[PDB]
**Q** 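Model shown: Cationic trypsin + diminazene.
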Amino acid sequence: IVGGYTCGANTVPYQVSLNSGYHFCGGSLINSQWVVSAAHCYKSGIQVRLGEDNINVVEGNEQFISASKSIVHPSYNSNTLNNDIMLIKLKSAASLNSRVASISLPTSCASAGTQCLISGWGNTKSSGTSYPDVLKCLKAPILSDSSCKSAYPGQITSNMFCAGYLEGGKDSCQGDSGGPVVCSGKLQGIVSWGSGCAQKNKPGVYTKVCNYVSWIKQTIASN
Ligand SMILES: N=C(N)c1ccc(/N=N/Nc2ccc(C(=N)N)cc2)cc1
Ligand SMILES: [Ca+2]
(Lines of atoms letter the chains of each structure in order from A and count residues from 1; the text may use other names and numbers.)
(Lines give C-alpha, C1' and ligand atoms only; values in the text may rest on other atoms or scores of the structure.)
(Ligands and ions follow the chains in the order given, each with its own letter.)
Protein backbone atom coordinates (compact mmCIF):
# COMPACT_ATOMS: atom_id res chain seq x y z
CA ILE A 1 0.00 0.00 0.00
CA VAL A 2 1.43 3.29 -1.15
CA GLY A 3 0.41 6.45 0.65
CA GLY A 4 -1.63 4.61 3.23
CA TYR A 5 -1.40 4.40 6.96
CA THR A 6 -0.61 1.77 9.54
CA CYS A 7 -3.94 0.03 10.12
CA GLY A 8 -3.21 -0.90 13.67
CA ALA A 9 -2.76 -4.45 14.86
CA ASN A 10 -5.73 -6.67 14.05
CA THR A 11 -7.93 -3.77 13.05
CA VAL A 12 -8.56 -5.53 9.77
CA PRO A 13 -9.51 -8.90 11.16
CA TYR A 14 -10.42 -10.52 7.87
CA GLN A 15 -7.08 -9.62 6.28
CA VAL A 16 -4.92 -12.64 5.76
CA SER A 17 -1.43 -13.08 4.53
CA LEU A 18 -0.85 -15.92 2.12
CA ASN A 19 2.48 -17.43 2.94
CA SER A 20 4.62 -19.88 1.02
CA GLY A 21 7.78 -19.37 3.14
CA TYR A 22 7.12 -15.65 2.90
CA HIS A 23 4.18 -13.35 2.44
CA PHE A 24 3.23 -13.22 -1.22
CA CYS A 25 -0.37 -12.09 -1.32
CA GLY A 26 -3.24 -10.91 0.74
CA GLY A 27 -6.60 -12.53 1.08
CA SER A 28 -9.82 -12.01 2.93
CA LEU A 29 -11.34 -14.47 5.32
CA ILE A 30 -14.99 -14.90 4.32
CA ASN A 31 -15.88 -17.66 6.76
CA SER A 32 -14.06 -19.86 9.19
CA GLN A 33 -12.74 -22.14 6.42
CA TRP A 34 -12.45 -19.99 3.34
CA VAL A 35 -10.34 -17.17 2.07
CA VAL A 36 -10.94 -15.12 -1.06
CA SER A 37 -7.87 -13.94 -2.88
CA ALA A 38 -6.78 -13.08 -6.41
CA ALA A 39 -6.41 -15.94 -8.86
CA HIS A 40 -3.05 -14.53 -9.84
CA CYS A 41 -1.99 -15.30 -6.26
CA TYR A 42 -2.53 -18.96 -6.93
CA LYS A 43 0.19 -21.30 -5.87
CA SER A 44 0.36 -24.67 -4.16
CA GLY A 45 1.48 -25.04 -0.55
CA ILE A 46 -0.20 -21.90 0.70
CA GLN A 47 -0.28 -21.33 4.42
CA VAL A 48 -2.90 -18.81 5.35
CA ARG A 49 -1.83 -16.49 8.11
CA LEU A 50 -4.60 -14.93 10.03
CA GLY A 51 -4.49 -12.60 12.93
CA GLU A 52 -1.43 -11.04 11.68
CA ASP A 53 -0.12 -7.53 12.01
CA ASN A 54 3.62 -7.65 11.80
CA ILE A 55 4.11 -10.48 9.32
CA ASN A 56 7.72 -10.86 10.37
CA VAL A 57 7.12 -11.20 14.09
CA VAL A 58 4.97 -13.63 16.03
CA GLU A 59 2.92 -11.19 18.08
CA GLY A 60 0.40 -13.56 19.60
CA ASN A 61 -2.81 -13.34 17.59
CA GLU A 62 -1.76 -15.34 14.57
CA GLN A 63 -3.37 -18.43 13.29
CA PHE A 64 -1.40 -20.26 10.66
CA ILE A 65 -3.53 -22.73 8.77
CA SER A 66 -2.45 -24.54 5.65
CA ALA A 67 -4.71 -24.43 2.62
CA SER A 68 -6.37 -27.75 1.88
CA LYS A 69 -7.39 -26.65 -1.58
CA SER A 70 -7.52 -23.66 -3.80
CA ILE A 71 -10.12 -22.99 -6.41
CA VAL A 72 -9.31 -20.55 -9.12
CA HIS A 73 -12.23 -18.98 -10.86
CA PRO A 74 -13.33 -21.11 -13.79
CA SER A 75 -12.95 -18.18 -16.15
CA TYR A 76 -9.80 -16.67 -14.76
CA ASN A 77 -7.67 -15.40 -17.59
CA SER A 78 -4.15 -14.63 -16.42
CA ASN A 79 -3.46 -12.48 -19.47
CA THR A 80 -6.33 -10.07 -18.99
CA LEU A 81 -6.73 -10.78 -15.28
CA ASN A 82 -10.41 -11.13 -15.97
CA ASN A 83 -12.03 -13.03 -13.08
CA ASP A 84 -9.01 -12.59 -10.87
CA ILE A 85 -10.50 -14.39 -7.97
CA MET A 86 -9.79 -17.58 -6.16
CA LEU A 87 -10.97 -19.34 -3.07
CA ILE A 88 -8.63 -20.97 -0.64
CA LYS A 89 -9.96 -23.48 1.82
CA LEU A 90 -8.30 -23.80 5.20
CA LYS A 91 -7.38 -27.30 6.39
CA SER A 92 -9.01 -26.40 9.68
CA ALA A 93 -11.51 -23.73 10.63
CA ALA A 94 -10.02 -20.50 11.84
CA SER A 95 -10.95 -19.52 15.37
CA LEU A 96 -13.09 -16.47 15.01
CA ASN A 97 -13.30 -13.55 17.11
CA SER A 98 -12.60 -9.85 17.17
CA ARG A 99 -9.06 -9.97 15.88
CA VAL A 100 -9.77 -12.74 13.39
CA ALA A 101 -13.10 -12.38 11.71
CA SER A 102 -14.67 -13.09 8.39
CA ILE A 103 -15.76 -10.27 6.14
CA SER A 104 -19.25 -10.31 4.69
CA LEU A 105 -19.68 -10.79 0.98
CA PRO A 106 -21.60 -7.99 -0.70
CA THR A 107 -25.33 -8.20 -1.21
CA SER A 108 -24.94 -5.59 -3.98
CA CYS A 109 -22.17 -4.10 -6.03
CA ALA A 110 -20.77 -0.94 -4.55
CA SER A 111 -20.96 2.27 -6.46
CA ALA A 112 -18.28 4.65 -7.77
CA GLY A 113 -17.72 7.11 -4.93
CA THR A 114 -18.12 4.65 -2.09
CA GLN A 115 -15.18 4.82 0.29
CA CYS A 116 -13.42 1.54 0.87
CA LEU A 117 -10.62 0.24 2.97
CA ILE A 118 -7.84 -1.42 1.05
CA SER A 119 -5.18 -3.14 3.04
CA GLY A 120 -2.11 -5.25 2.73
CA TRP A 121 1.56 -5.80 3.34
CA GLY A 122 2.59 -4.82 -0.14
CA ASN A 123 5.21 -2.35 -1.30
CA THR A 124 4.74 1.12 0.15
CA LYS A 125 6.75 2.85 -2.56
CA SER A 126 5.60 3.87 -6.02
CA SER A 127 9.23 4.16 -7.07
CA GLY A 128 11.44 1.40 -5.76
CA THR A 129 10.58 -0.99 -3.01
CA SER A 130 9.94 -0.99 0.68
CA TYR A 131 7.85 -3.66 2.31
CA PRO A 132 6.19 -2.82 5.59
CA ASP A 133 6.26 -5.23 8.50
CA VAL A 134 2.82 -4.27 9.67
CA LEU A 135 -0.46 -4.09 7.86
CA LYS A 136 -1.05 -0.94 5.86
CA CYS A 137 -4.38 0.57 5.09
CA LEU A 138 -5.73 2.95 2.55
CA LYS A 139 -9.10 4.57 2.40
CA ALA A 140 -9.97 4.96 -1.21
CA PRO A 141 -13.09 5.61 -3.21
CA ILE A 142 -14.34 3.39 -5.95
CA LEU A 143 -13.81 5.20 -9.22
CA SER A 144 -16.38 5.41 -11.95
CA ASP A 145 -16.27 2.71 -14.59
CA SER A 146 -15.77 5.46 -17.16
CA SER A 147 -12.68 6.83 -15.39
CA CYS A 148 -11.45 3.31 -14.86
CA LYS A 149 -11.79 2.52 -18.56
CA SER A 150 -10.30 5.87 -19.51
CA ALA A 151 -7.32 5.07 -17.27
CA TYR A 152 -6.91 1.63 -18.75
CA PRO A 153 -8.31 1.56 -22.28
CA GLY A 154 -9.28 -1.89 -23.48
CA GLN A 155 -8.49 -3.54 -20.15
CA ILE A 156 -11.36 -3.01 -17.77
CA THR A 157 -13.92 -5.77 -17.84
CA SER A 158 -17.26 -5.92 -16.08
CA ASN A 159 -15.43 -7.92 -13.40
CA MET A 160 -13.12 -5.11 -12.48
CA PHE A 161 -13.36 -1.77 -10.90
CA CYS A 162 -10.92 0.95 -10.20
CA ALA A 163 -10.45 2.44 -6.81
CA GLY A 164 -8.10 5.03 -5.53
CA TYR A 165 -6.95 8.38 -6.75
CA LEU A 166 -6.34 9.52 -10.30
CA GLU A 167 -3.85 12.03 -8.95
CA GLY A 168 -1.74 9.06 -7.79
CA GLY A 169 0.18 8.85 -4.52
CA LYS A 170 -2.25 6.46 -2.84
CA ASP A 171 -2.78 2.96 -4.12
CA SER A 172 -2.35 -0.70 -3.48
CA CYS A 173 0.83 -2.18 -4.80
CA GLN A 174 2.79 -5.38 -5.37
CA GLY A 175 2.30 -7.70 -2.38
CA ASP A 176 -1.17 -6.34 -1.71
CA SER A 177 -2.55 -8.58 -4.44
CA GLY A 178 -5.39 -10.78 -3.39
CA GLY A 179 -6.16 -8.57 -0.43
CA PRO A 180 -9.42 -6.87 0.44
CA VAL A 181 -11.23 -3.79 -0.64
CA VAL A 182 -13.93 -3.47 1.95
CA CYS A 183 -16.70 -0.93 1.56
CA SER A 184 -19.40 -0.44 4.15
CA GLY A 185 -18.33 -3.66 5.84
CA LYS A 186 -18.54 -5.73 2.70
CA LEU A 187 -15.74 -7.25 0.63
CA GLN A 188 -16.31 -5.50 -2.67
CA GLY A 189 -12.90 -5.89 -4.20
CA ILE A 190 -9.79 -7.95 -4.38
CA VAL A 191 -6.50 -6.24 -5.08
CA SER A 192 -5.86 -7.31 -8.64
CA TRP A 193 -3.69 -5.13 -10.79
CA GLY A 194 -2.65 -1.71 -11.93
CA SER A 195 0.10 -0.06 -13.86
CA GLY A 196 2.79 0.40 -11.32
CA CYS A 197 1.48 1.81 -8.07
CA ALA A 198 0.14 5.19 -7.12
CA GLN A 199 0.95 6.52 -10.57
CA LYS A 200 -1.07 9.39 -11.92
CA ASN A 201 -4.08 8.16 -13.87
CA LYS A 202 -3.25 4.55 -13.06
CA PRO A 203 -5.50 3.74 -10.16
CA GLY A 204 -5.70 0.30 -8.66
CA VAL A 205 -7.86 -2.26 -10.41
CA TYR A 206 -9.84 -4.60 -8.28
CA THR A 207 -11.77 -7.75 -8.84
CA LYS A 208 -15.42 -6.92 -8.59
CA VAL A 209 -16.40 -9.36 -5.87
CA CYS A 210 -20.13 -8.72 -6.07
CA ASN A 211 -20.08 -10.52 -9.43
CA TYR A 212 -18.79 -13.65 -7.77
CA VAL A 213 -20.94 -14.09 -4.73
CA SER A 214 -23.04 -16.83 -6.33
CA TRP A 215 -19.91 -18.65 -7.44
CA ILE A 216 -18.32 -18.18 -4.04
CA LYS A 217 -21.37 -19.45 -2.21
CA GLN A 218 -21.92 -22.43 -4.46
CA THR A 219 -18.24 -23.29 -4.39
CA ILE A 220 -18.15 -23.18 -0.63
CA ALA A 221 -21.35 -25.23 -0.52
CA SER A 222 -19.73 -28.07 -2.46
CA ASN A 223 -16.13 -27.97 -1.36
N1 LIG B 1 -3.16 -0.91 -7.35
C2 LIG B 1 -2.08 -1.16 -8.07
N3 LIG B 1 -1.54 -0.23 -8.73
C4 LIG B 1 -1.51 -2.55 -8.07
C5 LIG B 1 -1.86 -3.43 -7.05
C6 LIG B 1 -1.34 -4.72 -7.02
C7 LIG B 1 -0.47 -5.12 -8.03
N8 LIG B 1 0.05 -6.36 -8.01
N9 LIG B 1 -0.23 -7.29 -8.88
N10 LIG B 1 0.71 -7.96 -9.34
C11 LIG B 1 0.52 -9.01 -10.24
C12 LIG B 1 1.51 -10.00 -10.31
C13 LIG B 1 1.36 -11.08 -11.17
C14 LIG B 1 0.21 -11.18 -11.97
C15 LIG B 1 0.06 -12.36 -12.90
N16 LIG B 1 0.53 -13.55 -12.53
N17 LIG B 1 -0.50 -12.24 -14.03
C18 LIG B 1 -0.77 -10.19 -11.90
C19 LIG B 1 -0.63 -9.11 -11.03
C20 LIG B 1 -0.11 -4.24 -9.05
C21 LIG B 1 -0.63 -2.95 -9.07
CA1 LIG C 1 2.91 -11.75 13.10
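Here, residue 1 is the first one in the sequence, and each next residue gets the next number. Whatever order the structure lists ligands and atoms in, that order sets their numbers, starting from 1.
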**Q** Report all copies of diminazene by ligand number or chain letter.
**A** ligand 1
**Q** Provide the residues lining diminazene within 4.0 Å, heavy atoms only.
**A** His40, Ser78, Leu81, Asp171, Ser172, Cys173, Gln174, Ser177, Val191, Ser192, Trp193, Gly194, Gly196, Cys197, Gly204, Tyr206
**Q** Pick out, from the UniProt substrate-binding residues of chain A, those with a heavy atom under 4.0 Å from diminazene.
**A**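 Within heavy-atom range of diminazene, the UniProt set gives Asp171, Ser172, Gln174, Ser177.
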**Q** Got the closest protein heavy atom to atom 2 (C) of diminazene, with its distance?
**A** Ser172 O, 3.1 Å
**Q** Could you list which atoms of diminazene come closer than 4.0 Å to a heavy atom of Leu81?
**A**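 Reading through diminazene atom by atom, the close ones are 17 (N), 18 (C).
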**Q** Counting residues of chain A that contact diminazene, which UniProt domain comes out on top?
**A**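 Most contacts come from the UniProt domain Peptidase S1.
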**Q** Considering only non-hydrogen protein atoms, determine which one is nearest to atom 11 (C) of diminazene and report residue, atom name and distance to 0.1 Å.
**A** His40 NE2, 3.4 Å
**Q** Using a 4.0 Å cut-off to any heavy atom of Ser192, which atoms of diminazene qualify?
**A** 9 (N), 19 (C)
**Q** Under 4.0 Å from a heavy atom of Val191: which atoms of diminazene are those, numbered in the order shown and with their elements?
**A**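 Counting atoms of diminazene from 1, those under 4.0 Å from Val191 are 5 (C), 6 (C).
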**Q** So is there a nitrogen or oxygen of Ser177 less than 3.5 Å from a nitrogen or oxygen in diminazene?
**A**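 N/O-N/O distance below 3.5 Å exists for this pair.
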**Q** Using distance alone, determine whether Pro203 and diminazene share an N or O pair under 3.5 Å.
**A**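 By distance alone, the answer is no.
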**Q** When you measure from atom 17 (N) of diminazene to every protein heavy atom, which one gives the shortest distance, and what is it?
**A** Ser78 O, 3.6 Å
**Q** With atoms numbered from 1 as shown, which atoms in diminazene lie under 4.0 angstrom from a non-hydrogen atom of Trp193?
**A**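 In order of numbering, the contacting atoms are 1 (N), 2 (C), 4 (C), 21 (C).
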**Q** Please identify the active-site residue of chain A, as annotated by UniProt, closest to diminazene, and give its minimum heavy-atom distance rounded to 1 Å.
**A** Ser177, 3 Å
**Q** Can you tell me which residue and heavy atom of the protein come closest to atom 20 (C) of diminazene, and the distance to 0.1 Å?
**A**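 In this structure, atom 20 (C) of diminazene has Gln174 NE2, 3.2 Å as its nearest protein heavy atom.
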**Q** Looking only at N/O atoms, are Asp171 and diminazene under 3.5 Å apart anywhere?
**A**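 It does: an N or O of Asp171 is found under 3.5 Å from an N or O of diminazene.
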**Q** Need the diminazene atom indices (1-based, order shown) with element for anything under 4.0 Å from a heavy-atom of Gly194.
**A** 2 (C), 3 (N), 4 (C), 20 (C), 21 (C)
**Q** Find all atoms of diminazene within a distance of less than 4.0 Å from any non-hydrogen atom belonging to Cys197, and give their numbers and elements.
**A**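 Once the distances to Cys197 are compared, the set is 3 (N).
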**Q** Which residue and atom, if any, share a covalent bond with diminazene in this structure?
**A**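 The model places no covalent bond.
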